[PDB]
Every structure is written in C-alpha cells, then in structure tokens.
Amino acid sequence: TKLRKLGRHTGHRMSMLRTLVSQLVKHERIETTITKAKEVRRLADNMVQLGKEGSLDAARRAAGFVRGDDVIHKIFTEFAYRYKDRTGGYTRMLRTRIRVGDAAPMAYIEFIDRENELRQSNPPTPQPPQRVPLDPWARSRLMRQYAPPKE
Amino acid sequence: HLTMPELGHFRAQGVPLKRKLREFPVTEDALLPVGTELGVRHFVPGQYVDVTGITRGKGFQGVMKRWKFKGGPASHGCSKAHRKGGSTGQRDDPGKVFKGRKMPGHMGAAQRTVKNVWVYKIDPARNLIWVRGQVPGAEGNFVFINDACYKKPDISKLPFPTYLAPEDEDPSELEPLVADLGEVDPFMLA
Amino acid sequence: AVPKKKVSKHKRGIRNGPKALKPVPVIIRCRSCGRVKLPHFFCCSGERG
Amino acid sequence: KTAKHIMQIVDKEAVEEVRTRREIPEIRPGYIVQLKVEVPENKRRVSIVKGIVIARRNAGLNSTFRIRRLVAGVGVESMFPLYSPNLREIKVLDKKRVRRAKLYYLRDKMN
Amino acid sequence: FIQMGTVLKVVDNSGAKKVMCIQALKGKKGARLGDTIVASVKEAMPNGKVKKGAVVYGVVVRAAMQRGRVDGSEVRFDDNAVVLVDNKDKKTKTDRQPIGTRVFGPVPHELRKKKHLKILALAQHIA
Amino acid sequence: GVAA
Amino acid sequence: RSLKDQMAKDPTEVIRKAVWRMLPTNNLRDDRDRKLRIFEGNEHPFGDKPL
RNA sequence: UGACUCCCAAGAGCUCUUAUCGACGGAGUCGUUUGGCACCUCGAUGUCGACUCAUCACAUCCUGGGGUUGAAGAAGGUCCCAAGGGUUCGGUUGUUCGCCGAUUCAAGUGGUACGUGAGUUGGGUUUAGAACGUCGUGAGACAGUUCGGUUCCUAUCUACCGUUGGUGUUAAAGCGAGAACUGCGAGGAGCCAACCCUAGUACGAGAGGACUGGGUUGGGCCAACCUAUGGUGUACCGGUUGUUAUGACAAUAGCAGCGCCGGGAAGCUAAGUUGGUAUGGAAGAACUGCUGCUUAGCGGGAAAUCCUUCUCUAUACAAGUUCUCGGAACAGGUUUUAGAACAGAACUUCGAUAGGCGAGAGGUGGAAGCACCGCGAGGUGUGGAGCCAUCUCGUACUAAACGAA
RNA sequence: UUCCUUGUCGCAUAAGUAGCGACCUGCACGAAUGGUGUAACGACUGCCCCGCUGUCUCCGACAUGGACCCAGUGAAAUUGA
Ligand SMILES: O=C(N[C@H](CO)[C@H](O)c1ccc([N+](=O)[O-])cc1)C(Cl)Cl
Ligand SMILES: [K+]
Ligand SMILES: [K+]
Ligand SMILES: [K+]
Ligand SMILES: [K+]
Ligand SMILES: [K+]
Ligand SMILES: [K+]
Ligand SMILES: [K+]
Ligand SMILES: [K+]
Ligand SMILES: [K+]
Ligand SMILES: [K+]
Ligand SMILES: [K+]
Ligand SMILES: [K+]
Ligand SMILES: [Mg+2]
Ligand SMILES: [Mg+2]
Ligand SMILES: [Mg+2]
Ligand SMILES: [Mg+2]
Ligand SMILES: [Mg+2]
Ligand SMILES: [Mg+2]
Ligand SMILES: [Mg+2]
Ligand SMILES: [Mg+2]
Ligand SMILES: [Mg+2]
Ligand SMILES: [Mg+2]
Ligand SMILES: [Mg+2]
Ligand SMILES: [Mg+2]
Ligand SMILES: [Mg+2]
Ligand SMILES: [Mg+2]
Ligand SMILES: [Mg+2]
Ligand SMILES: [Mg+2]
Ligand SMILES: [Mg+2]
Ligand SMILES: [Mg+2]
Ligand SMILES: [Mg+2]
Ligand SMILES: [Mg+2]
Ligand SMILES: [Mg+2]
Ligand SMILES: [Mg+2]
Ligand SMILES: [Mg+2]
Ligand SMILES: [Mg+2]
Ligand SMILES: [Mg+2]
Ligand SMILES: [Mg+2]
Ligand SMILES: [Mg+2]
Ligand SMILES: [Mg+2]
Ligand SMILES: [Mg+2]
Ligand SMILES: [Mg+2]
Ligand SMILES: [Mg+2]
Ligand SMILES: [Mg+2]
Ligand SMILES: [Mg+2]
Ligand SMILES: [Mg+2]
Ligand SMILES: [Mg+2]
Ligand SMILES: [Mg+2]
Ligand SMILES: [Mg+2]
Ligand SMILES: [Mg+2]
Ligand SMILES: [Mg+2]
Ligand SMILES: [Mg+2]
Ligand SMILES: [Mg+2]
Ligand SMILES: [Mg+2]
Ligand SMILES: [Mg+2]
Ligand SMILES: [Mg+2]
Ligand SMILES: [Mg+2]
Ligand SMILES: [Mg+2]
Ligand SMILES: [Mg+2]
Ligand SMILES: [Mg+2]
Ligand SMILES: [Zn+2]
C-alpha cells in the first residue's frame, strides 16, 4: 500500500485522520479533498470491522483511535447491525467539483447501504469459501486463445 | 488487451495472441515455420548464454550516484558544494564545455547485456531455467537469451535449428536436468 | 546572472508559443440539472434516492 | 505477482525435498546446540561446534542462525545456513529462558 | 578493515605485544582475515626477538569484521590479532617463516587458501 | 597589491 | 582514411567528394548534388531516358 | 639564457675513436626556465598552494615490438617504433619544489590565463590592530620574523547533461495510426602482478638460471543485481521515565520535534554477490628477409589503425523495409516494475488495476479475562498467545465502461 | 630577535622545515623603552598522550523545509540593435 504524507508530520497527520474518521461516522457523509478521502476510507473500514468483532479488546482498540462517545456507540451498535452480512467496502468515494481558491479536486465520502445514499449499492453477499488455486503453468495452458473471426 | 493493428497482425499470421514480441537474426539454415513452439530444451545445461533486458530505473540522479564522483568535504569550511561536480572545463581555449561531459541526468532503465552467464539447471516440465548469477531487469519483466559470443558453445551438441519435441510427450515423465560438473573434486585438490 | 541583452518580441513570442491553452475533447452535461462537467464528475443521483 | 508465486512454489518444493532426506530439529534463540561442521575450504575438515543460539532468521531454504561460543578464551560468533549440506549432525542440549528474539547483549555482558 | 592506524594485539612469543599497522600488502580498502600487513612495534617485552620501534610483517589471524565462506557461512571474532613473520628476505612472496614458535588462541580456516601453512601447522585451535 |  | 581504403570500401564517394568541393558553397549545392548519379559498374537503371 | 638534437674527433675504453663516452670548437629546433619590449585591458582581465573535474602533445616512467653490445644464461646499457591503458599512501612545511618512510609493473616531462574562486577553501602574500630585530633626530620604513583579520550574484545567449511537444518523409480515405526491424554514422570497452607445469631443461667450470607455450590465484577498473550477510527502515512488535486527560480500578491517548531503549519484513544501498577485462578478419610502424639488376616487386611483422562483441541511431531530406487497422489511434479513470512535469508499461465491468474482507508466510515475543502461589514488588497455566509495516493466494463488497453515452 | 639555515647534537616518530633540551659562530639580546625566573589565572599562540567520534578510508538509509507540478497575487540587478 502507498501511504501518503499529505504535507504533515506524524502527530499532525494521525490526529487529522482520527478527527476526519470521527466526523465521517458522526455526519454519515463529508466532503473533503480526494487525496484525504483516499486515505480516510481504509481507516473508516477498519473501525467498522472492529465494531463488527465487538469484543472487549476490539472496544479498547477502537476507543484508542476514534473520538467521542456517540461515535463509539454508533460503531458498536448501528454499524455492527447494518454491515453484518457485508464483507468489505462500507464507504463510497465520489469526485464532485473543483474548489475555488486552490483548485483542489473535491469528493464526497459516505457510508453505504443506508437511506439517502448517492447510489443504490449491491446487496451484501457472503464470500464463497477458499478455493485451491491452480498452478501458473496449468493456468497458462488454459490461457491460450486465438483471434476472433471478424476480418 | 491488444490494439486493432496487432490483433489483425496475429489474425493474419495465424498464431495465438501473445504479450511480447522480439526479432532475432538467424541464417538461412536456421529458419522455422510460423507457429513453431519453442521450449527450454533449446539450450543444453552446462553451456553459457547471454541475457539482455531493460535494467532497473533510478530516475533523475546526480553525479555522485551516476558516475561515482568524489564531491566535496563535509566540514573544514565547505559551503553548499558537498555533492556537486566541481569544474566543467578549462578557461578561454577552449571556452566551451566538451561533448560527453559527465553531468547529472536520468539514470538506468536502459537496455544492457550480461555476457557468459552459466546455465545450471533446466526444468522442461514447467519451462523453467536456472541460470547462475544476476540478470538485468525487474522481476516480472522480459529478458532475451542468446548463445554466448565470448565462450562459444560446442557445435556438435546444440540442437539445430531447435529441439523438435515429439507431439506424443507428457509433462508427467520429465525430470529436471542438471549440468554435469564432472568427477574431480575442486575442494580436495587444493 | 543578469540578462546580457533585451529579449525581442520574436523570441518572447516563440517562448510563449507552446504554453497557450487547448480545448477539452469530451464535455458532458446532465440532462436534468444542466451542469456542464468533465467525465467522472458527480452532480445528480436519480429519483427515489 | 505470478513471478513471486512461482518463487514461493519453488522454495516450498526445495524445503520439502531436503526434509525427507535429513533430520533438522527446530532451533530457537536461547537454545544450546552442538553440531558437526565440515569445512570444504580446509580440505573438508570436520569439527564439532557447541554454542548458544543468539539469532535466527526464517527465509525458506536460506534460513540462517547464529552461534556465539568461547574458544581458547576468545569469543567467536559463527552463522550457519540451516539447510546447508555441510551440517552433518545437529543436536539440542539445553533451552535457556530468554525474553528476546535476538540476544546481542551477550557480547557486552560479562558472562 | 585493518588499515593505517589500527592497533593490533600480537599472539605469539616473538617478544612484542602490540603493533600499529602501516598498510596492507594487497588491497586498497584494507586487510581482511588472513591478509598480510606491515606494522611497527609499539610495545614489546624486555627480552624478545623483536624490539620496540621495529618494522615487521604480520598475518592477520583474528579480525573483528565478519568473513564469508563458500557455503554461505560467516565467521566473526571479537578483536584484531596478528602473528609476526620475517621480512628480511623479500624474495619470497609465498608462505613465510613465523618469528615465534607458539601460536595462541583460535586460528581461521582461510590460511590454507592463503597458503599460510606453517602458521596453520603451529596452530592449536582452529575455529 | 591587488585585492577584491 | 586513405584513398586506397576508400576505393576498397566505396568508389563512388571519391568522385562525389571530388565534385562536391568544386561546386560553389550556397543553397543550390545539394540541389545540384542530387543530379549527380554515380555507378560503380557500367549498368544503370536510366535506360529509357534520352541519353 | 634554458631544455633538446646534430657536425668534427684529441683522448678514455689492456688492443680498439664512435659498445659506453667524449676535450678544443661549430650548426640548429622548441617556446616549458631566468630575461628583454611596452602592443591589448587601470568607467577592474580576482592574484600562490590545496580540493573536485579533466583533456591535449610526445622529447616514453611502466606495460608491447625490434637493432646493437665490451649481449654465455639471469640482470642489464644504448638507440629506433609505439600515446591503447595506467602512473600510490603517509611525517615536518601555507607551500610549488624537495627531503624522508612503507609500497608498486611504474610512481613521466610539459601545454591548457604557471587549466579550473558567477564550482569549494582561504593556510601564505598583499589594507587598517600589536610586538621583536635593524634603519631613521622624528613622523615612519624593511621580498626580515610573528599573532589576528566580511570570499556577493535567482543563468538571458553560446556550450554541455537529460526528457518531451510540433513538424518534412504522397500514401489515393485533402490519408491517419500500432507494432517488428536494417544500420549511413556515433559512442563505449582496451590493464597488471604473483605462483605452478614445460624445466632445475637451454646456457654455464661452478654459483646460478631462461625464451616459447598452458593453467591457477589475486589487485585495479568497468557493467549490473538484492537470494543470503551488514546498515537504514518516522502509520510494525515490545520495555520503560516525567506529566496531562478519560472521576478512581482496568486499558489507553497527547507531548517531551520517532521522548528514550531492544528487535524488525519489503524498498534502497556496499562493506555484499555476480559478469567482462575475448575471438576472428584486413591493412601495415621500426625491423626482417626473397626475386631482379638499378627503376622496383613481394613475404613476415606490436598493448598501435579499421571491421567483428556491447549501446544509440531513418530530421540518414537520395528522408529506408515488413506485417496490420479504418468508430483506427487518442483522451478520461484505477495503478505501477516507471517517474520532476512529460513520457513508458498493466487494467478499465464477459473486470483482480487499487482499497476493503478472509486465509497463509514474515516480524515481535507470550495480550486481555479467568484461575493458582505470595503480606508485597511479582511468579506460573489456559497458549508460539496477541498484534500488523509488508508479500502471496481466494473473493466484485467499494472505485475504474453506473457509457440506457 | 638567527639572513646563511630544514645550522649541529640529543629526546620523540616507521618517517618530524614542527615541538622540547643542549651548543655559541649573538647578520642584528641585554639590565625600569627594565634582565632572568615565577605558584595561580587565559573563548591568547604552539607541541604531545588518553577517551571519543562520518573529519577520513568510502559513503548509505530515513525524517522536516525549499527546489518540482496546479490555482491565486506578483519584484530585481541588466539591456546599442
Ligand atoms: O584589480 C584586480 N584585477 C586586475 C583587473 O581586474 C587584474 O586582473 C590583476 C589581477 C591580479 C594582479 N596581481 O596579482 O598583481 C594584477 C592585476 C582585482 Cl583587485 Cl579585481
Ligand atoms: K588594468
Ligand atoms: K619498454
Ligand atoms: K636491448
Ligand atoms: K580558485
Ligand atoms: K567569470
Ligand atoms: K552568445
Ligand atoms: K534489508
Ligand atoms: K511504542
Ligand atoms: K516545546
Ligand atoms: K637579532
Ligand atoms: K619584569
Ligand atoms: K584570552
Ligand atoms: Mg504545500
Ligand atoms: Mg511526536
Ligand atoms: Mg574519495
Ligand atoms: Mg566525502
Ligand atoms: Mg554545510
Ligand atoms: Mg557564506
Ligand atoms: Mg524485489
Ligand atoms: Mg542531399
Ligand atoms: Mg614606443
Ligand atoms: Mg566596461
Ligand atoms: Mg566586470
Ligand atoms: Mg617517439
Ligand atoms: Mg639477456
Ligand atoms: Mg596518457
Ligand atoms: Mg601527528
Ligand atoms: Mg605534503
Ligand atoms: Mg593558475
Ligand atoms: Mg597542468
Ligand atoms: Mg571561473
Ligand atoms: Mg556559488
Ligand atoms: Mg589569511
Ligand atoms: Mg597571518
Ligand atoms: Mg562562493
Ligand atoms: Mg556503423
Ligand atoms: Mg556499482
Ligand atoms: Mg538485501
Ligand atoms: Mg530479501
Ligand atoms: Mg538485516
Ligand atoms: Mg491504571
Ligand atoms: Mg499535547
Ligand atoms: Mg528503533
Ligand atoms: Mg537494527
Ligand atoms: Mg613490406
Ligand atoms: Mg600481416
Ligand atoms: Mg522517416
Ligand atoms: Mg488508451
Ligand atoms: Mg503517469
Ligand atoms: Mg485486490
Ligand atoms: Mg513466525
Ligand atoms: Mg501488550
Ligand atoms: Mg629561518
Ligand atoms: Mg631529525
Ligand atoms: Mg606551525
Ligand atoms: Mg629551542
Ligand atoms: Mg633603559
Ligand atoms: Mg630592546
Ligand atoms: Mg616587561
Ligand atoms: Mg526553477
Ligand atoms: Zn445533474
């Protein structure tokens, strides 16, 4: 994974990310720059996974990251009920406009599968069990193909 | 994956679609028809080959990395010229900088050839070849293997024009072939 | 270092030649809200959102 | 990705092939080991090395481990590849309790 | 790397105990294990074959920089130590006569490859 | 003498 | 490179270099050089032109 | 004046002028020494030495080929040919120079504003302070000594190192594009030592001791690579100090500019690991011989010259060749082995390109909760436990053609 | 304070135009423009030794701010063409 620096040192960067994730959980949709959203979505999914686990150690690890009591309660009750059957990808990021003043490309980022979302998301599907992969050579034998007849 | 001109080129030649193309000069008695499939048994274990590939990229780099310059001292009064090149010519005769002067610029990601690299092992079931040492390029990229020009192999042992594998062959019965080292121990006659 | 001579209009125009703007090949407008936008820009979601 | 997968398959097969021919026990830091080492540079001379494992690395066929011992009053550290064929015999004698995975403080500690 | 200014302990009975290296005989960066160095005697026993201030030859038998072998093994001692050999006969660029008669402490395996056979023979512990 |  | 080596390598370049340095130095020089066709042998393609 | 070359040859060389030299005297070459002149520059051309970076000449220091010897062999002397590649680290000195020490195949002589300060330094000389010796009545002076003393500039043009955009190269769709090449031409690479066999052979009274030919090990330089080793590894694992907050317990979070310690996978890198330091052809330098008979013809002949191996190259304007497409190629989005922008390469929904999720490898080192032992700090079990920087595999849940575009 | 001069000898170093101690041939020392010493003191000027280190052999990785790129605002010396 490419981890961005965002023009900040470590403490400022991590405090800004924790504030952004807390505000995303609180307001259910925020508009920010695209480069910040591309870093937010990973941690916003990690907190939902901690809430889906819901043990005491997960509660402690999530309280060591997010800010607020409304945030921790919402993650550990409402999101654990909502995203129970979904595997991953609880957030949607969409580019919207260009900011006057510094020409920054802006984007909505929101939690999915709720009322008043930007797009109708796919239904939650359980993952099929792990399949034993083929060898690269056995796959290369099956990957051989000819040009389609059109000319 | 292919554009329309390459799709048409493959469809006209009557071959399956490929990823990378290369052209090798041969003589008249070493030609092969269109559609011949070439394997690892084209090479014999124990011989030397030449590998050509695109080397690893370093980007824009300075003189101290590019050309192993010495630079300036880190102390003793030196000011803002720690890793610079120094002089770039003489004064007034010539009054110009000579061509080929070593200066910073883009480094690497060019084509290079490694000579006399040794074939150790051959696995024809999986079409793998174990070659001793280093090979220019990144992992996941393409290299091109010819015979060595410096240590030329034996004429009577190489398959010509290539190894013609029988069509009645199965990959179940193929064992990997190791290059013979002989019998006289190197570490004992010392 | 200072400029040795004055840059003429010919050289100034040649320098500023390649930096002129160019038109955009593809332009999308939403049929409902009527916003003129580039590809991959979100303006409206349809009804029964 | 396919190239790294190929490399992992090759390493797994090499390790499994060696493990059916030789008996190589699990080596951990803090263990006391005694092994028989043949040096091919010095006319294939075979000797016995006894020491304490202070470092380990798991890298497939190229796993390594470090031994610190005292010979004739002077401390010698030697590193051996685990699956090297010049390790004729390997035995574990004692398992001292440590709280680290690398025991590099033994160089300066007096005993 | 053993280079100009290194101070090395002496591990025979030649009468000297510490030396200061001047240069290595072959090699630009310095001397590795088994290499031959030129040195000057900094401290010596009151009775011995080598006096303080003499210029001597030596063979590095212990070095604190790790050395690799052809099977992928490494060896690393704790200090630097040499065994002095004679330098009055400069026509022999091969195995030299050691000055002393006894060699103390461990000796490396590299001396067979470097043709230090007499030091290897007079050795007691080889490690 | 001369001095800059 | 000596004249012997030049004649062994390519003989038409000798006549081309001899004529090129007697032609005047201006922008018509290559236009007039384009009209000089030199052949090593006695066979030329311009057989149907009014020679 | 200096350096170098040549002419004559008394004499030295046991004999013998010219192997090696060479008195008394002459003829030149070069532009590096010491000088002469005062032609350019005083509305400024920054001066010694060192560092970094070089490049040219050959009057050659080493390596290569030869003639002669007062050359038995080894080691040599002298002269001719040869500029492909090299030509060390330190002590006192500001030093150039030079002396010394340890090496080396050798530690060349000169030019390039005694190369190089809009590339670095500032020890000396050469401003203003102060002192010693000497000179001067004195103010002061002294290529006599000594301590101290501001080194500016954002690159317009030529030059050079890299990367791109446009455009000429009739084609038949006023034609526009994707690949695969040939190479006119240009660049790069060019080394050396030690030991062993031939051989204790040739030669020599003996002591000594080869040519040629073939291997082995090292050093220098050049091109690449990251499996292992070492270093780093600032959003990984643990330990711990001061303080503040969550009321306290329990567990954490901020700050001490990674708080400080012990490890650390990928990535980068050398101190690490690999590959080269060739072969064949042509023409030929000093020299060397053959035919002929005065004019010449021919053969052998070097680390040198030109092709061959490596890299770039059709803007190579006589503008090259082959295959293919015609809603073709582009653009936009997700990225990366690539990267300053640009460009390249992978994927773009009949899709694993990125994120998420699940499993495993790898790192750290034994989580929380519970129970037992102890007054307590603490110790033991459940348990190779818990956690996650990376890597691989499975999976369209999210974003890439959600383009009913 | 000594031109000749890196004077000569000793200590010290592998090697010392330096440093210390001698010698006297003092170009051109010398007694309140003070002579010879001197415990303590010095951001003064030399020399030697220990500990320590990227000053160096020989450089590498990482971290913050510029440099790079996009959107606003927008100088300077210089200039016969
Ligand atoms: O005057 C100077 N230079 C003049 C002209 O600029 C000339 O270059 C020069 C330089 C050095 C010099 N000298 O060393 O005696 C004399 C004149 C410098 Cl002071 Cl800038
Ligand atoms: K002037
Ligand atoms: K010679
Ligand atoms: K000779
Ligand atoms: K300068
Ligand atoms: K200038
Ligand atoms: K100009
Ligand atoms: K590493
Ligand atoms: K921590
Ligand atoms: K503070
Ligand atoms: K005086
Ligand atoms: K006094
Ligand atoms: K003071
Ligand atoms: Mg910024
Ligand atoms: Mg902090
Ligand atoms: Mg250097
Ligand atoms: Mg440096
Ligand atoms: Mg600085
Ligand atoms: Mg400054
Ligand atoms: Mg890799
Ligand atoms: Mg033309
Ligand atoms: Mg006049
Ligand atoms: Mg002027
Ligand atoms: Mg001026
Ligand atoms: Mg000559
Ligand atoms: Mg001889
Ligand atoms: Mg030269
Ligand atoms: Mg000193
Ligand atoms: Mg010096
Ligand atoms: Mg100069
Ligand atoms: Mg010069
Ligand atoms: Mg200059
Ligand atoms: Mg500057
Ligand atoms: Mg000064
Ligand atoms: Mg001064
Ligand atoms: Mg400056
Ligand atoms: Mg060519
Ligand atoms: Mg390199
Ligand atoms: Mg590595
Ligand atoms: Mg690795
Ligand atoms: Mg490591
Ligand atoms: Mg507590
Ligand atoms: Mg705080
Ligand atoms: Mg750390
Ligand atoms: Mg570490
Ligand atoms: Mg001839
Ligand atoms: Mg010939
Ligand atoms: Mg063209
Ligand atoms: Mg495209
Ligand atoms: Mg890009
Ligand atoms: Mg994926
Ligand atoms: Mg593990
Ligand atoms: Mg814990
Ligand atoms: Mg003096
Ligand atoms: Mg002396
Ligand atoms: Mg001094
Ligand atoms: Mg004195
Ligand atoms: Mg008086
Ligand atoms: Mg007086
Ligand atoms: Mg007084
Ligand atoms: Mg700029
Ligand atoms: Zn709209």
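Naming: A, B, ... by sequence-line order, numbering from 1 per chain. Only a slice of the deposited entry appears, and the contacts counted are all within that slice. All values below come from the heavy atoms of this structure, side chains included, with hydrogens, waters and symmetry mates left out. Going by what the header records, the deposited coordinates were determined by electron microscopy, 3.0 Å. Just follow the structure's listing: the first ligand is 1, and inside any ligand the first atom is 1.
For ligand 1, the chief contact partner in this model is given in the PDB entry as 26S rRNA. Among vorinostat, anisindione, chloramphenicol, the compound found at ligand 1 is chloramphenicol.
Every other chain with a heavy atom under 4.0 Å from chloramphenicol is named here: F, H.
For chain F, the PDB entry gives the name Nascent peptide.
In this structure, residues within 4.0 Å of chloramphenicol (heavy atoms) are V2(F), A3(F), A4(F), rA44(H), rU45(H), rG46(H), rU47(H).
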